[PDB]
Protein chains: 2
Amino acid sequence: XXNXXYX
Amino acid sequence: XXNXXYX
Ligand SMILES: C[C@@H]1O[C@@H](O[C@@H]2[C@@H](O)[C@H](O)[C@@H](CO)O[C@H]2O)C[C@](C)(N)[C@@H]1O
Ligand SMILES: C[C@@H]1O[C@@H](O[C@@H]2[C@@H](O)[C@H](O)[C@@H](CO)O[C@H]2O)C[C@](C)(N)[C@@H]1O
């Protein structure tokens, strides 16, 4: 992954 | 805050 969030 | 990221 490598992105973050939270969704 | 309360959301996430990272920007
Ligand atoms: C911001 C980030 O926090 C840690 O990564 C988190 C990871 O431990 C956790 O399992 C997932 C899912 O809740 O959320 C990530 O944000 C470590 C990092 C990547 N070094 C960074 O500080
Ligand atoms: C506020 C934030 O806390 C840390 O990052 C969090 C990470 O440890 C955690 O696993 C995820 C999901 O619960 O949320 C992240 O925000 C480190 C940061 C990004 N430096 C920051 O202090």
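Naming: A, B, ... by sequence-line order, numbering from 1 per chain. Parent amino acid or X stands in for every modified residue here; extra atoms are dropped from the contact count.
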Report the drug at chain B; options are dusquetide, vancomycin, viomycin, abaloparatide. vancomycin
Going by the PDB entry, what's the name of chain B? Vancomycin
